[PDB]
Every structure is written in C-alpha cells, then in structure tokens.
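Structure (with baloxavir).
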Amino acid sequence: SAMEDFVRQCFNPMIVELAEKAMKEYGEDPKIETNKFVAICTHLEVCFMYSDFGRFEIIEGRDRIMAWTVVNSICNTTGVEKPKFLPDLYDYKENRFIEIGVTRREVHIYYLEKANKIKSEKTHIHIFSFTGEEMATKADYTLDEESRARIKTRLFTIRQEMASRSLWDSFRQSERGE
Ligand SMILES: O=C1c2c(O)c(=O)ccn2N([C@@H]2c3ccccc3SCc3c2ccc(F)c3F)[C@@H]2COCCN12
Ligand SMILES: [Mn+2]
Ligand SMILES: [Mn+2]
C-alpha cells in the first residue's frame, strides 16, 4: 500500500512504532487500516509538538497503565478532577487536561463531536485542521501563535505530501463513516 510506505517515509520511527503499538492495543492492523495508521501518526506528532511547545505533560503515546499512572499523579498533586477518558496532555500553567483533535473535516463539526463525547467542561479541547483552521474551548488556544503556526505548517505539509502521492482524497473520506 502506498499509504503505509508514505507513513514510514514521512514519520519518525519512534512515532510509527508508537502508532503501531496503539493500533495493536485496539486490535487494528496498520496494513489494512492504513489511513487510520497515518491519522494516528499525525495526531501523535501534533501532541508531541504541542507538549514541547512549553509546561505540558504528555499523556498520549504511552500505554494505558503508565498513562493513567501519570493522570492520577497529576490529580493527586494538583487536585484537578480525574478525567473520564484518557486525555492527550496536561497543562501545568492553566492546570487543566487537554484533548487534541486533528481533522480532515470542518473543525466545528469535530469540536462538537469531541465535546459531546467527553461531556466534561473541565477538559480543554483544541481542534486542528490540515489547512490552518483551529477551534479551541472558549477560544483559549493555550499556545502562543508561533507554536500553533509550527503545528499548522506540519499538518498542511502532511496533507500536501499525501496529495503529491494521490493519497489525500482517500485519507479525507476515511475520517467519517457513511
Ligand atoms: O486517544 C485516542 C484518540 C484521540 O486522543 C483522538 O484525538 C482521536 C481518536 N482517538 N482514538 C484513537 C486515535 C488517535 C489518533 C487518530 C485517530 C485515532 S482513531 C481510533 C483509534 C485510536 C487509537 C488506536 C486505534 F487502533 C484506533 F482505532 C481512540 C479513541 O479512544 C481510545 C484511544 N483513542
Ligand atoms: Mn488521545
Ligand atoms: Mn486526541
């Protein structure tokens, strides 16, 4: 599959290895769900960039046990309420958990979907598209504009490499089902 080749060529081996472990956890095959594979790599990379953007602890890219160990440690030392689902980051400055979303759809739709899912006002949502759009809880985008710019540039680049390989249309229609 050209998509698996693109994923392994454009993404860091550490990212790819972590995405493959996540996919194994949920019983998904990166050789069949290749578009998801690349989606998981992309969002992992966004989360890592966001975190180095500070300030942030990363919850994503860890296995469930260690990830919940970190979340509980945070809730014990800061007293922030325990989230109902694994978030992606913890903000020590604003002392709040953060869910990152990356969409090939309109950011407002994905934001509404995420907010309906977590149903907890406490966790902050930050949605990124592949064309520079973003939607965040209370339009509190957390990061400075240079940092968000670097994230947005990397996402657009991925979209354009996919486009270069005639992979973008398939990728786009894979996010939502019928
Ligand atoms: O952590 C996440 C997750 C997010 O944090 C997210 O933002 C979007 C989507 N997620 N989901 C991720 C995921 C992460 C990034 C991009 C796409 C996917 S798509 C479903 C799936 C995920 C992981 C492995 C796998 F095999 C999957 F099928 C699942 C939902 O619940 C549990 C963990 N998780
Ligand atoms: Mn996550
Ligand atoms: Mn996320």
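Residue numbers run from 1 in the order of the sequence given. One-based numbering, in listed order, for ligands and for the atoms of each.
Across the structure, baloxavir can be traced to ligand 1.
Bound to baloxavir with the largest number of contacts is the chain that UniProt calls Polymerase acidic protein. When hydrogens are left out, the protein atom nearest atom 2 (C) of baloxavir is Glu60 OE2, 4.1 Å; that is the closest non-hydrogen contact. Within the structure, each other ligand or ion under 4.0 Å from baloxavir is listed here: ligand 2 (manganese (II) ion), ligand 3 (manganese (II) ion). Nearest protein heavy-atom neighbour of atom 9 (C) of baloxavir: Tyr110 OH, 4.4 Å. At a distance under 4.0 Å, no protein heavy atom can be found next to atom 29 (C) of baloxavir.
Looking at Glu99 next to baloxavir, an N or O pair under 3.5 Å apart turns up. Residue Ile40 holds the heavy atom nearest to atom 13 (C) of baloxavir of all those in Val102, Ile100, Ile40.
Residue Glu28 has no N or O atom closer than 3.5 Å to an N or O atom of baloxavir.
Atoms of baloxavir found under 4.0 Å from any heavy atom of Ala39 (numbered from 1 in listed order, with element): 16 (C). Within a 4.0 Å radius of atom 26 (F) of baloxavir, the protein has at least one heavy atom. Per-atom contact check: atom 7 (O) of baloxavir touches the protein, criterion being a heavy-atom distance below 4.0 Å. The shortest heavy-atom distance from baloxavir to a UniProt active-site residue of chain A, with that residue, is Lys114, 3 Å.
Residue contacts with baloxavir for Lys114 involve side-chain atoms from C-beta outward but no N, CA, C or O (heavy atoms, distance under 4.0 Å). Contacts between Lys36 and baloxavir, counted as non-hydrogen atom pairs separated by less than 4.0 Å, involve the side chain only. Between baloxavir and the UniProt Mn(2+)-binding residues of chain A, heavy-atom distances under 4.0 Å are seen for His43, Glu60, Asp88, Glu99, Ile100. At the top of the distance list for atom 33 (C) of baloxavir, counting protein heavy atoms only, stands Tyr26 OH, 3.2 Å. The entry attributes the source of chain A to Influenza A virus (A/California/04/2009(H1N1)). Interface of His43 with baloxavir, defined as ligand atoms under 4.0 Å from a residue heavy atom, comprises 4 (C), 5 (O), 6 (C), 7 (O), 15 (C). Below 3.5 Å of separation, one finds an N or O of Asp88 facing an N or O of baloxavir. Within 4.0 Å of baloxavir on heavy-atom distance sit the residues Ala22, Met23, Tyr26, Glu28, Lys36, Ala39, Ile40, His43, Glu60, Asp88, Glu99, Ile100, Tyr110, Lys114.
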